[PDB]
Undergrad: 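Here's one more: a structure with bedaquiline in it.
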Amino acid sequence: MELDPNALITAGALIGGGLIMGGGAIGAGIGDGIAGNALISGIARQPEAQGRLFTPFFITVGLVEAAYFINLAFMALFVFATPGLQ
Amino acid sequence: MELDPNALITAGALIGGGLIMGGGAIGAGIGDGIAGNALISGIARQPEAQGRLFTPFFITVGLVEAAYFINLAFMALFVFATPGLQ
Amino acid sequence: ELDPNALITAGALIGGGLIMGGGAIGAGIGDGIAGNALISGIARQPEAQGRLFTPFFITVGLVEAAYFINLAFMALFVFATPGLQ
Amino acid sequence: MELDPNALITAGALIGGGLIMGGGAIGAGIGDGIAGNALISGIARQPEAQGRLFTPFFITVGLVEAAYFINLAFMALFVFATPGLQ
Amino acid sequence: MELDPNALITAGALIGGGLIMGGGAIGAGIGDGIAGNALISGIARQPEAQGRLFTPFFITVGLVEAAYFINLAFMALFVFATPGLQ
Amino acid sequence: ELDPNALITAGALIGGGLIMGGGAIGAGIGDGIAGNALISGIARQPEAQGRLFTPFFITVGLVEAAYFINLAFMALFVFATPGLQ
Amino acid sequence: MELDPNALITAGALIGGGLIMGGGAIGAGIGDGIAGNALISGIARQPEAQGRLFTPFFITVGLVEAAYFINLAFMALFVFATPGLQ
Amino acid sequence: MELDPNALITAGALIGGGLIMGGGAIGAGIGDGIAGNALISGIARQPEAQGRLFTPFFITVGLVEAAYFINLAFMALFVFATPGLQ
Amino acid sequence: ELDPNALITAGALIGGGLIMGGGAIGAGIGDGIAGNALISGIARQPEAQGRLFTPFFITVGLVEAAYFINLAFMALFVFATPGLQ
Ligand SMILES: COc1nc2ccc(Br)cc2cc1[C@@H](c1ccccc1)[C@@](O)(CCN(C)C)c1cccc2ccccc12
Ligand SMILES: COc1nc2ccc(Br)cc2cc1[C@@H](c1ccccc1)[C@@](O)(CCN(C)C)c1cccc2ccccc12
Ligand SMILES: COc1nc2ccc(Br)cc2cc1[C@@H](c1ccccc1)[C@@](O)(CCN(C)C)c1cccc2ccccc12
Ligand SMILES: CCCCCCCCO[C@@H]1O[C@H](CO)[C@@H](O)[C@H](O)[C@H]1O
Ligand SMILES: CCCCCCCCO[C@@H]1O[C@H](CO)[C@@H](O)[C@H](O)[C@H]1O
Ligand SMILES: CCCCCCCCO[C@@H]1O[C@H](CO)[C@@H](O)[C@H](O)[C@H]1O
Ligand SMILES: CCCCCCCCO[C@@H]1O[C@H](CO)[C@@H](O)[C@H](O)[C@H]1O
Ligand SMILES: CCCCCCCCO[C@@H]1O[C@H](CO)[C@@H](O)[C@H](O)[C@H]1O
Ligand SMILES: CCCCCCCCO[C@@H]1O[C@H](CO)[C@@H](O)[C@H](O)[C@H]1O
Ligand SMILES: CCCCCCCCO[C@@H]1O[C@H](CO)[C@@H](O)[C@H](O)[C@H]1O
Ligand SMILES: CCCCCCCCO[C@@H]1O[C@H](CO)[C@@H](O)[C@H](O)[C@H]1O
Ligand SMILES: CCCCCCCCO[C@@H]1O[C@H](CO)[C@@H](O)[C@H](O)[C@H]1O
Ligand SMILES: CCCCCCCCO[C@@H]1O[C@H](CO)[C@@H](O)[C@H](O)[C@H]1O
Ligand SMILES: CCCCCCCCO[C@@H]1O[C@H](CO)[C@@H](O)[C@H](O)[C@H]1O
Ligand SMILES: CCCCCCCCO[C@@H]1O[C@H](CO)[C@@H](O)[C@H](O)[C@H]1O
Ligand SMILES: CCCCCCCCO[C@@H]1O[C@H](CO)[C@@H](O)[C@H](O)[C@H]1O
Ligand SMILES: CCCCCCCCO[C@@H]1O[C@H](CO)[C@@H](O)[C@H](O)[C@H]1O
Ligand SMILES: CCCCCCCCO[C@@H]1O[C@H](CO)[C@@H](O)[C@H](O)[C@H]1O
């Protein structure tokens with residue numbers, strides 16, 4: 001008739017999922033930008049020895065992107081396999 | 001007009017979609033500004049390093065913008081193909 | 001009492017506000033950070049001025065793209081709400 | 001009697017409007033502070049050639065303040081000419 | 001006591017007003033601290049530049065505080081003269 | 001069931017929390033940033049100490065003004081709620 | 001039977017209290033980290049004269065922690081002595 | 001199943017608890033990263049200052065982590081011993 | 001209609017989302033800031049490399065601890081909700 005329990009649960013899941021991905025993008029965009037800031041400046045300062053900067057950059061971006069995609073996976077769980085759905 | 005389940009689900013979807021895109025823009029705006037800060041500073045320090053520095057700059061911006069547009073895709077999923085709609 | 005669109009529209013306005021609120025945080029801070037580098041760059045090399053304009057405009061262009069794309073979707077949310085009944 | 005549709009829409013509009021102006025002030029306060037940080041430091045470093053810093057500062061503040069006031073305009077739309085009001 | 005439309009509108013106004021002032025303080029506190037960071041650093045670097053540096057400092061703080069107090073004015077509008085009150 | 005003031009008071013407490021939450025973010029980070037400059041300034045010039053106190057106190061004064069003005073309005077929101085029925 | 005007024009007020013109080021402490025920890029963690037960043041760097045640069053850094057550090061941390069604990073006190077008021085409870 | 005007061009109180013507690021821990025992690029992650037930035041930079045600048053620099057680093061991390069775990073304690077209070085439960 | 005657990009579970013999912021949203025903000029920015037120092041440190045002293053690994057890993061370890069402890073409590077919130085009726 002009117003509302004049912006899953007309408008409220010699903011609304012909660014979509015808001016929760018949004019928080020997860022919203023936070024993920026804040027962390028990833030700013031974290032990657034900060035890492036890349038050092039890469040750009042390091043290459044500017046030391047063009048001949050820049051190769052040694054790339055594994056540290058990719059380790060850093062790897063960590064940052066792992067947070068983004070682990071969050072993405074839990075957003076997908078929230079909205080496609082909602083825990084507590086009735 | 002009686003409330004119905006999709007009214008609540010759609011309200012949650014729009015809020016969730018807003019969180020996704022709001023966070024996306026925070027990460028992209030600040031991440032791109034931080035990347036650009038190093039680009040601008042590097043060119044100011046060494047004029048002829050301009051070509052050299054656009055390469056790590058675009059790698060960084062690529063990473064930052066990937067977050068923005070993956071978030072955009074999921075906002076679109078939330079509001080145009082809402083998971084859990086009844 | 002209430003009707004379905006009252007709830008949907010309330011959600012759209014909150015969603016729209018999140019979109020624009022986040023857009024201004026990203027654009028204001030991103031542009032400030034870009035301009036910080038422009039100002040410092042010019043102070044360091046008073047006639048580096050000319051060569052700094054292109055990277056400043058590219059950076060601001062990217063930052064402003066996020067603001068404007070968000071603005072467009074806020075407009076969609078509140079003027080053509082997806083899911084309106 | 002009890003609630004009416006516009007009570008809920010208007011509550012949404014006020015919360016939305018608050019998000020718009022809250023975010024606008026975060027972006028403007030921090031963005032202007034960051035721009036002014038460079039202005040202060042530049043004037044400290046180069047008092048004789050500081051005049052060339054002011055158009056770049058005002059362009060930057062112009063961009064930052066434009067975000068604040070465009071947001072202000074949409075807050076005013078949300079709360080004084082609410083889209084979707086019944 | 002039955003709920004009434006203004007109860008919901010006023011709740012939205014208070015939340016909206018809180019967002020406005022919460023964001024205002026984030027922008028003002030951090031923006032002023034960032035401006036002051038350059039002032040303090042500049043005086044440490046060159047003692048007799050103190051007078052010189054307060055001028056761009058107060059221009060910056062003026063901009064930052066304008067955001068805070070314009071936000072304050074609209075919080076006051078929201079909670080004392082609520083747009084849309086029935 | 002419910003009554004009008006239950007909803008208004010719930011909104012006031014959420015609004016009050018936003019005010020103080022934002023106030024502490026601004027004050028904690030703003031003060032930390034001001035103190036960062038004070039500490040670095042003293043480390044650079046160990047007897048610049050005296051001349052740094054005034055600009056530090058002016059900066060902290062401004063930051064703390066935002067915290068305290070927010071505190072006052074949180075108090076208004078929760079102890080004298082505007083719009084209470 | 002169903003809901004009562006204090007259920008809604010108490011839910012508001014817990015959310016409000018959460019906002020207070022959530023914001024308090026953001027301000028304290030980042031503020032202390034920023035202060036400590038300068039302490040670490042200052043001690044690195046000037047090991048012999050580092051003692052003069054500690055009162056400025058503790059004044060700064062004092063200010064930052066005061067925001068955290070004043071917020072904590074108001075969270076405690078919100079959730080243990082809720083203003084407006086019926 | 002009819003709604004009951006504790007359903008609403010517990011929902012508020014979980015949201016409040018989430019705000020507490022969400023803010024705790026923002027402050028701790030960023031505060032610790034900022035502290036570590038000075039540690040790493042200081043060791044890079046002067047290798048044998050390593051021992052010296054861990055002392056102010058752990059003082060800083062102690063302060064930052066205190067915020068995280070005091071917040072954790074109050075999240076636990078909110079969700080396991082909810083103040084105001086009926 | 002509704003039942004008590006619909007409201008509790010909706011709160012748990014929102015709470016869980018706040019926990020993980022905040023966790024990723026802290027971890028992404030904290031790790032980026034740590035890596036920024038690692039990259040700059042190596043660029044300054046190309047064979048400082050070895051001695052920078054330990055402080056980098058300690059910093060990342062602390063940052064990641066916040067992410068993981070948050071993850072565990074999100075899991076508690078949504079898979080074993082405290083207060084479920
Ligand atoms: C760097 O990795 C770590 N460091 C830690 C440091 C301290 C503590 Br106390 C916990 C830590 C835990 C971990 C991981 C881990 C490894 C194994 C099991 C559980 C957790 C991690 O949490 C990292 C997530 N980061 C990158 C945002 C993780 C979580 C979830 C899914 C993952 C998938 C793939 C890889 C890592 C995954
Ligand atoms: C710098 O300006 C831009 N750069 C962009 C860069 C990339 C992309 Br893809 C879009 C961009 C769009 C714009 C503007 C624009 C110009 C014309 C039409 C539409 C949009 C803008 O969005 C800027 C807002 N900023 C400052 C926060 C704008 C929006 C709304 C109202 C405005 C009023 C006055 C001035 C600008 C106004
Ligand atoms: C530095 O202290 C200040 N500077 C200001 C600067 C400008 C303005 Br306009 C107001 C200012 C107000 C104050 C304090 C104050 C002193 C006396 C009375 C009222 C307020 C303060 O607000 C500081 C909180 N900070 C540290 C987050 C405070 C509030 C509440 C409880 C406190 C308990 C103990 C100490 C300070 C306490
Ligand atoms: C915590 C950061 C660890 C980064 C990896 C450091 C160990 C590998 O270091 C790598 O050594 C190679 C040769 O062996 C070089 O060609 C690479 O430039 C360098 O990154
Ligand atoms: C984010 C994508 C938009 C980029 C548009 C401008 C691309 C500029 O591209 C860059 O131009 C420089 C000169 O300005 C050259 O020196 C560089 O080699 C080139 O990469
Ligand atoms: C994407 C483009 C963003 C531009 C931001 C608006 C400010 C325009 O900046 C203009 O740039 C010119 C280039 O020579 C300068 O000479 C002008 O003085 C300046 O007004
Ligand atoms: C992108 C934001 C500006 C363009 C908004 C989309 C077009 C506006 O759409 C119009 O808005 C009017 C009020 O302005 C309403 O009264 C009308 O019903 C509506 O058609
Ligand atoms: C800025 C780019 C995206 C803007 C999308 C806005 C779509 C607005 O769409 C408009 O909605 C109005 C009612 O609000 C109607 O009167 C118009 O017929 C309709 O075209
Ligand atoms: C993107 C930033 C563009 C800033 C404007 C640069 C072009 C104008 O530059 C201006 O030239 C004047 C004389 O012509 C000088 O008196 C000013 O100091 C200088 O700002
Ligand atoms: C934000 C407004 C509050 C400011 C109060 C203090 C004003 C200080 O004013 C400044 O004092 C300096 C010495 O301390 C002088 O050298 C400067 O010329 C003067 O501008
Ligand atoms: C707006 C004022 C903010 C002050 C913050 C509280 C710390 C007071 O700081 C005091 O400043 C004195 C000035 O000489 C120092 O000598 C004292 O050691 C110090 O305790
Ligand atoms: C600015 C924050 C501190 C001052 C709060 C405003 C005055 C407090 O007001 C009092 O609060 C009491 C609990 O403390 C309530 O029990 C009383 O009903 C109320 O009169
Ligand atoms: C800190 C500056 C602004 C504080 C505004 C607080 C106003 C509190 O006002 C007080 O409310 C109490 C009930 O809570 C009543 O008992 C008192 O009569 C009333 O004066
Ligand atoms: C605003 C910052 C004020 C910090 C306090 C400065 C005044 C006291 O300064 C203190 O003087 C002592 C001897 O008198 C020294 O032993 C301490 O190292 C020094 O901090
Ligand atoms: C946050 C607590 C976890 C810390 C675990 C590692 C502790 C490292 O401890 C440090 O090790 C250094 C060499 O690496 C020594 O030079 C320092 O004296 C010592 O403090
Ligand atoms: C708490 C530990 C966090 C580690 C982050 C994952 C990256 C591991 O980094 C590894 O460190 C090694 C140390 O010598 C390097 O030699 C390897 O090249 C590198 O892959
Ligand atoms: C820490 C996050 C990963 C571990 C999650 C806790 C264990 C999962 O728990 C299981 O989740 C399933 C879906 O994955 C549900 O279908 C099951 O009902 C539930 O038992
Ligand atoms: C990651 C460390 C904390 C994880 C806490 C997760 C507790 C999950 O607990 C599990 O919940 C499932 C239903 O969701 C049940 O099927 C299982 O019986 C139960 O053990």
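In what follows, chains carry the letters A, B, and so on, assigned in the order in which the sequence lines appear, proteins first and then strands, with residues in each chain numbered from 1. One-based numbering, in listed order, for ligands and for the atoms of each. Every heavy atom of this structure was used, including side-chain atoms; hydrogens, water molecules and symmetry mates were not.
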Undergrad: Every copy considered, what are the ligand or chain positions of bedaquiline?
TA: ligands 1, 2 and 3
Undergrad: Tell me which macromolecule has the most close contacts with bedaquiline (ligand 3), using the naming in the PDB entry.
TA: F0F1 ATP synthase subunit C
Undergrad: Help me out: which other chains have any heavy atom nearer than 4.0 Å to bedaquiline (ligand 3)?
TA: F, G
Undergrad: Output yes when a protein non-hydrogen atom is found under 4.0 Å of atom 30 (C) of bedaquiline (ligand 3), and no otherwise.
TA: yes
Undergrad: Does the protein put any heavy atom within less than 4.0 Å of atom 17 (C) of bedaquiline (ligand 3)?
TA: no
Undergrad: What's the shortest distance from atom 28 (C) of bedaquiline (ligand 3) to any protein heavy atom, and which residue and atom give it?
TA: G:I70 CD1, 3.9 Å
Undergrad: Which heavy atom of the protein is the closest neighbour of atom 21 (C) of bedaquiline (ligand 3), given with residue, atom name and distance?
TA: F:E64 OE1, 4.5 Å
Undergrad: For atom 26 (C) of bedaquiline (ligand 3), is some protein heavy-atom partner under 4.0 Å away?
TA: yes
Undergrad: Any idea which protein heavy atom is nearest atom 19 (C) of bedaquiline (ligand 3), and the distance to it?
TA: F:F68 CE1, 3.8 Å
Undergrad: Non-hydrogen atoms of F:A27 versus bedaquiline (ligand 3): any pair closer than 4.0 Å?
TA: no
Undergrad: Quick one: what's the source organism for chain F in the PDB entry?
TA: Mycobacterium phlei
Undergrad: Quick sanity check on bedaquiline (ligand 3): covalent bond to a chain or not, and to which residue and atom?
TA: none
Undergrad: For atom 35 (C) of bedaquiline (ligand 3), is the nearest protein heavy atom under 4.0 Å away?
TA: no
Undergrad: Just need the protein heavy atom nearest to atom 8 (C) of bedaquiline (ligand 3), so name the residue and atom and give the distance.
TA: F:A65 CA, 3.8 Å
Undergrad: Evaluate the 4.0 Å heavy atom contact test for atom 5 (C) of bedaquiline (ligand 3): does a protein atom fall under the cut-off?
TA: yes
Undergrad: Just curious, which residues make up the binding site of bedaquiline (ligand 3) with non-hydrogen atoms under 4.0 Å?
TA: F:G61, F:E64, F:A65, F:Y67, F:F68, F:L71, G:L63, G:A66, G:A67, G:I70
